[PDB]
Amino acid sequence: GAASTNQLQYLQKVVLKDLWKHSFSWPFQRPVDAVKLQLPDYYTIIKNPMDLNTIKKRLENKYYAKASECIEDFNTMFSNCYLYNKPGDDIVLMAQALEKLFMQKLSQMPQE
Ligand SMILES: CC[C@@H]1C(=O)N(C)c2cnc(Nc3ccc(C(=O)N[C@H]4CC[C@H](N5CCN(CC6CC6)CC5)CC4)cc3OC)nc2N1C(C)C
Ligand SMILES: [Cl-]
């Protein structure tokens, strides 16, 4: 159908799916469980938490009106990781590799 429809479909069927399949996706597949991970300060520091499963559900639920809103959530997920953690941390390296894949898939976003 319309370009906007193809774009949101692309984000769900290709971008989200390929990120999930990537070996470094596992920390981003669920919301941070602060009790489990022993991180009382996580939701003190991160006020706009985001994860791939939340994105998945929103795409399934037709929550986003346009592709840009979904891309915002992906970017928020990466930004959260960069903000909370420190340079050189393994989690940051992982996020950077995942983000690179994200950018590559974005570069092929249909416009017609
Ligand atoms: C949230 C910040 C950042 C981030 O930005 N995102 C997005 C993120 C997302 N997801 C994860 N995943 C996990 C990270 C870690 C674990 C783990 O087992 N951690 C264990 C560390 C040792 C703890 N000890 C404490 C005292 N011990 C002693 C016993 C005798 C009392 C026994 C148990 C138990 C918990 C599991 C994960 O998933 C299952 N990490 C993330 N990070 C990491 C840098 C923490
Ligand atoms: Cl794994």
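Here chain A follows the PDB entry for its numbers: 25-136, in order, are the residues you see. For ligands, and for the atoms within them, numbers begin at 1 and follow the listed sequence. All values below come from the heavy atoms of this structure, side chains included, with hydrogens, waters and symmetry mates left out.
Checking ligand 1 against spiramycin, ivosidenib, volasertib, the answer is volasertib. By contact count, the main macromolecule holding volasertib here is known in UniProt as Bromodomain testis-specific protein. Closer than 4.0 Å to atom 44 (C) of volasertib lies at least one heavy atom of the protein. Among UniProt domains of chain A, the one with most residues near volasertib is Bromo 1. The residue among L61, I70, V56, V59 with a heavy atom at the shortest distance from atom 39 (C) of volasertib is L61.
Protein non-hydrogen atoms do reach within 4.0 Å of atom 10 (N) of volasertib.
For atom 27 (N) of volasertib, no protein non-hydrogen atom is found at a distance below 4.0 Å. Under a 4.0 Å criterion applied to the non-hydrogen atoms of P51, volasertib contributes the atoms 9 (C), 10 (N), 11 (C). For atom 36 (C) of volasertib, a protein heavy-atom neighbour is found at a distance under 4.0 Å. Remark: atom 31 (C) of volasertib lies closer than 4.0 Å to no protein heavy atom.
For atom 20 (C) of volasertib, no protein non-hydrogen atom is found at a distance below 4.0 Å.
Within 4.0 Å of atom 24 (N) of volasertib, not a single protein heavy atom is present. Residue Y66 approaches volasertib through these ligand atoms, each under 4.0 Å from one of its heavy atoms: 1 (C).
At a heavy-atom distance under 4.0 Å, no atom of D113 approaches volasertib. The nearest protein atom to atom 41 (C) of volasertib, hydrogens excluded, is given as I115 CD1, 4.1 Å; this is a heavy-atom distance.
In this structure, atom 3 (C) of volasertib has a protein heavy-atom contact shorter than 4.0 Å. Under 4.0 Å from volasertib, the heavy atoms of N109 that appear belong solely to its side chain. Considering backbone and side-chain atoms alike, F52 places every N or O at 3.5 Å or more from each N or O of volasertib.
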